[PDB]
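The model presented next includes lefamulin.
Quick note on labels: first sequence line is chain A, next is B, and so on, each numbered from 1. Cropped entry; intra-crop contacts only. Atoms considered below: every heavy atom in the structure, side chains included; atoms not considered: hydrogens, waters and symmetry mates. Whatever order the structure lists them in is the order used to number ligands and atoms, beginning at 1.
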Amino acid sequence: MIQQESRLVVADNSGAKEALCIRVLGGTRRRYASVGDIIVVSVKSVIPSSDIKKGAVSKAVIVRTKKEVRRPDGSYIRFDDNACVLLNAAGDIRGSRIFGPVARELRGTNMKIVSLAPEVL
Amino acid sequence: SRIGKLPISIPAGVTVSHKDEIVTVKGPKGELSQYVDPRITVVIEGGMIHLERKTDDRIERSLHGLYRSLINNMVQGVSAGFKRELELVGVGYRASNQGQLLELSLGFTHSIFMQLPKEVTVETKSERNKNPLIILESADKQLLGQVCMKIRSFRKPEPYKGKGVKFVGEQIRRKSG
Amino acid sequence: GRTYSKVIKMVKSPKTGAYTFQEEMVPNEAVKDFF
Amino acid sequence: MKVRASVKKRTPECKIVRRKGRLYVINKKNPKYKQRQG
Amino acid sequence: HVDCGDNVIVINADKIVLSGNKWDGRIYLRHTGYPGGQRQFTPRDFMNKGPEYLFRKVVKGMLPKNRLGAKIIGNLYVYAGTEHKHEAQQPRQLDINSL
Amino acid sequence: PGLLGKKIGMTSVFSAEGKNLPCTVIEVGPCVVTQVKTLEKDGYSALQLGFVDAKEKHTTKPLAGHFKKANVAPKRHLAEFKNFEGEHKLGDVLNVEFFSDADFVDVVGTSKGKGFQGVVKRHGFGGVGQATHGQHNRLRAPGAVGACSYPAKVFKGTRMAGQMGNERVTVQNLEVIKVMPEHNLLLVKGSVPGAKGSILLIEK
RNA sequence: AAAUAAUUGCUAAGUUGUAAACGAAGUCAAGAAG
RNA sequence: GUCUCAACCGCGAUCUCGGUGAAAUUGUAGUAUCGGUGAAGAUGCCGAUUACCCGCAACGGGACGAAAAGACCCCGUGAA
RNA sequence: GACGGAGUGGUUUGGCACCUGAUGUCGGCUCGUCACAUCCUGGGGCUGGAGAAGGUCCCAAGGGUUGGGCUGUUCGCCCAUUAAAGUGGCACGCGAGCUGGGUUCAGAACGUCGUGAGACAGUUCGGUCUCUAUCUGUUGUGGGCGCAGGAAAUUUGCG
RNA sequence: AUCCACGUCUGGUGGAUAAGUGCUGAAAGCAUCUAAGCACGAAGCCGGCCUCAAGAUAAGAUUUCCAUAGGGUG
Ligand SMILES: C=C[C@]1(C)C[C@@H](OC(=O)CS[C@@H]2CC[C@@H](N)C[C@H]2O)[C@]2(C)[C@H](C)CC[C@]3(CCC(=O)[C@H]32)[C@@H](C)[C@@H]1O
Ligand SMILES: [K+]
Ligand SMILES: [K+]
Ligand SMILES: [Mg+2]
Ligand SMILES: [Mg+2]
Ligand SMILES: [Mg+2]
Ligand SMILES: [Mg+2]
Ligand SMILES: [Mg+2]
Ligand SMILES: [Mg+2]
Ligand SMILES: [Mg+2]
Ligand SMILES: [Mg+2]
Ligand SMILES: [Mg+2]
Ligand SMILES: [Mg+2]
Ligand SMILES: [Mg+2]
Ligand SMILES: [Mg+2]
Ligand SMILES: [Mg+2]
Ligand SMILES: [Mg+2]
Ligand SMILES: [Mg+2]
Ligand SMILES: [Mg+2]
Ligand SMILES: [Mg+2]
Ligand SMILES: [Mg+2]
Ligand SMILES: [Mg+2]
Ligand SMILES: [Mg+2]
Ligand SMILES: [Mg+2]
Ligand code: NA
């Protein structure tokens with residue numbers, strides 16, 4: 001349950017560390033974004049001597065949420081934080097490593113995250 | 001009218017009648033019945049059809065010529081018939097009929113299947129390296145004209161190439177690209 | 001592709017008497033039922 | 001088709017017809033000269 | 001100020017004649033009372049309901065707009081066919097063309 | 001066509017495909033045909049059904065003569081359904097197997113009664129202003145009810161406070177999960193209007 | 001309230017019974033050139 | 001919980017019953033709607049339309065609603 | 001599409017001064033309702049329409065038509081979206097429904113004008129928004145009588 | 001438990017037409033979708049979906065009871 005002005009942890013080695021959601025894509029009054037959704041962010045803080053800059057505007061994909069996610073088999077999953085991964089203009093990710101677990105929802109959206117994540121759910 | 005003051009020479013082996021405001025022509029190709037308005041009168045004499053009107057008003061001046069032509073179209077309909085040739089143009093366009101069923105492949109994803117009445121017989125002479133030809137015959141000008149333009153409406157000819165469904169040798173609006 | 005086909009037949013109408021136009025889109029293996 | 005308060009022929013092959021109380025200019029050879037509302 | 005007229009029975013009312021382009025050319029207007037609630041209907045729309053729905057509307061409007069007029073409109077009976085049931089009242093025959 | 005039922009409650013079940021499904025349990029009990037209505041007599045064709053057994057102490061004499069004519073045990077609820085297929089006569093008995101060929105059903109019920117409710121809950125009004133920033137006493141107010149001297153009135157159909165709920169409601173295309181002829185039980189996916197124990201019409 | 005009055009034409013637009021420059025001339029009457 | 005975007009809970013007010021019992025306001029009223037008309041924005045005029053008789057709760061569009069002989073503006077051979 | 005010409009409307013700025021012992025005013029909030037001169041979605045004619053993408057005109061008001069930064073703002077500029085982020089009327093709709101940032105009281109200060117009291121094609125900080133709903137209107141909910149004898153149920157649907 | 005959304009389930013389904021397209025066809029020997037006829041043609045109109053609805057004073061219909069039927073107060 002992420003909306004405009006929410007702050008997320010950046011969960012890849014792209015250089016960015018904290019991001020602010022500017023927009024939830026895909027609808028006129030689409031209020032919330034869940035795992036596997038695409039958002040537009042501004043980078044709020046970075047590691048010293050990184051590639052991307054503080055204040056850049058980027059697309060990202062959500063990989064973890066605090067609000068529990070429902071599965072068709074009657075199970076739920078929630079995480080301790082909200083996290084995303086930055087994407088480039090061509091739809092691919094801008095980093096190499098993913099830090100922390102990712103949800104199984106991305107098995108239907110982006111196989112690059114799932115292949116190089118320490119654990120799925 | 002000039003048109004409506006003309007006799008129609010009733011050909012060999014067709015019979016004409018008049019009963020209850022209805023003019024009926026019978027011949028080899030069938031029978032056609034056409035209502036005629038009580039203020040335009042016809043009399044069958046000597047095997048000829050003559051029309052006349054009393055008042056020279058415009059509501060009869062229009063009807064006089066109209067009813068001469070409707071009968072003149074009926075008499076030639078039941079004796080000789082009426083010819084129309086459709087020619088599909090553009091590669092990948094095929095026509096073929098089985099019985100009265102018509103099959104048309106005009107470029108869409110689907111196919112087209114049309115059943116015609118016994119008034120309009122169907123035939124299709126489609127040679128190789130040559131365009132398919134659709135031939136329709138009937139005794140009714142109005143109905144055969146109705147069917148002919150429904151088939152052409154599926155694919156109207158375009159200007160940029162002569163592609164589409166056209167009457168045989170029909171003058172086509174062309175336009176370079 | 002090859003998931004439907006167009007079928008047309010003309011039936012006389014009681015309101016007027018002249019032939020109307022009946023149209024549908026049925027799967028390719030169903031036109032023999034319609035005609 | 002264009003709609004004008006005054007419709008003329010504008011071409012030798014144009015003809016003016018009345019269709020249900022309204023005037024039209026029709027031209028099969030060159031449809032760019034079609035008009036309405038005579 | 002008194003109801004002194006004659007009770008009238010109209011028969012063959014389905015063969016009434018309207019001239020011109022009036023059957024589907026004469027627009028009636030009414031309002032439901034809700035915003036955007038104006039509606040249109042024609043004399044042919046009434047004929048579908050029945051002759052007694054066109055005649056009643058037309059005869060109304062030619063009558064006084066008061067309590068007495070509301071009473072006397074009930075003295076009118078309109079029928080489609082030639083068949084009615086008032087033989088106990090012994091209705092008289094009148095040639096309307098004689099009026 | 002359809003039958004009368006009683007809402008029992010909700011539960012969740014696992015399907016064979018392995019999905020968790022919310023289901024509503026309805027007792028579509030035995031219904032007797034209590035009156036046949038025909039064209040030539042009534043103006044239309046329909047069947048009147050009776051559902052819940054009633055004691056004689058609770059049946060008035062006019063209704064007693066109604067069931068005695070049909071030669072059936074008196075019932076508590078009566079309803080009409082149309083467009084059957086099979087020409088059932090007086091005193092016939094219908095049951096849950098009627099729906100054994102049904103894929104989806106419609107359920108008509110009466111919703112729970114909320115009483116008198118304000119515009120915020122009845123119509124989802126936004127409310128006037130914020131909770132702070134100079135708000136005095138119009139937090140759950142409707143706001144303006146019309147324009148000025150023209151109109152000079154409130155239009156019909158204006159949304160206001162009033163009674164909410166306790167009204168007939170229809171829910172369409174409910175997927176049938178299972179029919180249990182042993183207990184006169186029907187299982188449908190989803191929720192239906194009304195409280196437990198309420199009377200429902202199930203249309204095939 | 002008082003003529004479904006008498007007689008002769010025009011209008012087909014419900015025009016009527018209480019706007020123009022500019023089009024097409026829908027129709028009726030009387031002419032002109034040729 | 002300022003908001004997205006509201007939900008629920010407690011008491012006091014509120015509602016019903018018993019007791020006591022004001023006020024502002026008030027030419028007379030059996031006080032509907034629409035368009036027109038009009039001292040030029042009509043419950044009350046005209047032509048239509050709709051409406052069985054009588055309450056209670058709830059909301060404020062109109063009665064150019066109430067209150068205060070407009071402070072603005074101008075005027076007075078006014079005043080301070 | 002120049003030079004010119006004929007109209008329609010009354011949402012701008014004006015002209016007139018006809019209503020007014022008081023007819024509350026900008027912007028926003030809430031709640032809408034109507035028009036169509038249509039922003040999207042639907043249907044078409046023409047094209048200097050190859051296709052794709054457009055341009056222009058015609059029919060069409062059923063539904064829909066975003067969230068932020070700045071500013072009292074309307075309006076605008078900008079950011080990110082969306083199928084689209086329409087234009088207007090209704091006392092520039094709506095303060096006996098809200099607010100009170102702006103304008104327009106009494107305090108004070110600057111620039112400027114005046115000898116001064118004071119003043120402003122200006123600016124700046126501060127500065128009480130009253131009323132228990134009679135009639136009508138609207139949303140809900142009852143009592144009486146009627147329905148050509150009285151009742152218990154189930155109903156058709158004018159709308 | 002109740003009440004709820006941030007939850008879950010369900011829903012937005014032939015006729016006559018507009019702009020247009022035509023057939024046959026004269027007035028006006030040709031031309032012409034129109035004058036006589038006819039076939040089409042929009043999220044729009046009417047039906048179809050949901051709810052109310054006989055004070056619809058034009059107050060409707062059906063089944064049954066009474067002439068102990070049925071009610072009110074509690
Ligand atoms: C006092 C009259 C008011 C409340 C308001 C009035 O505003 C003015 O008088 C602006 S001047 C202002 C007045 C107060 C002075 N202390 C300072 C001075 O600046 C206004 C807006 C109109 C211009 C006149 C008519 C009006 C009724 C309709 C309306 O909209 C009202 C009158 C009749 C209304 O009662
Ligand atoms: K009004
Ligand atoms: K007048
Ligand atoms: Mg309740
Ligand atoms: Mg709120
Ligand atoms: Mg306050
Ligand atoms: Mg408060
Ligand atoms: Mg008289
Ligand atoms: Mg309390
Ligand atoms: Mg008391
Ligand atoms: Mg007025
Ligand atoms: Mg009025
Ligand atoms: Mg006042
Ligand atoms: Mg004074
Ligand atoms: Mg004005
Ligand atoms: Mg006064
Ligand atoms: Mg338009
Ligand atoms: Mg205003
Ligand atoms: Mg106020
Ligand atoms: Mg007000
Ligand atoms: Mg001062
Ligand atoms: Mg302070
Ligand atoms: Mg206040
Ligand atoms: Mg011709
Ligand atoms: Na000085």
Structural location of lefamulin, copies included: ligand 1
Name in the PDB entry of main chain bound to lefamulin (ligand 1): 23S rRNA
Chain letters near lefamulin (ligand 1) (heavy atom < 4.0 Å): H, I
Covalent tether of lefamulin (ligand 1), if any: none
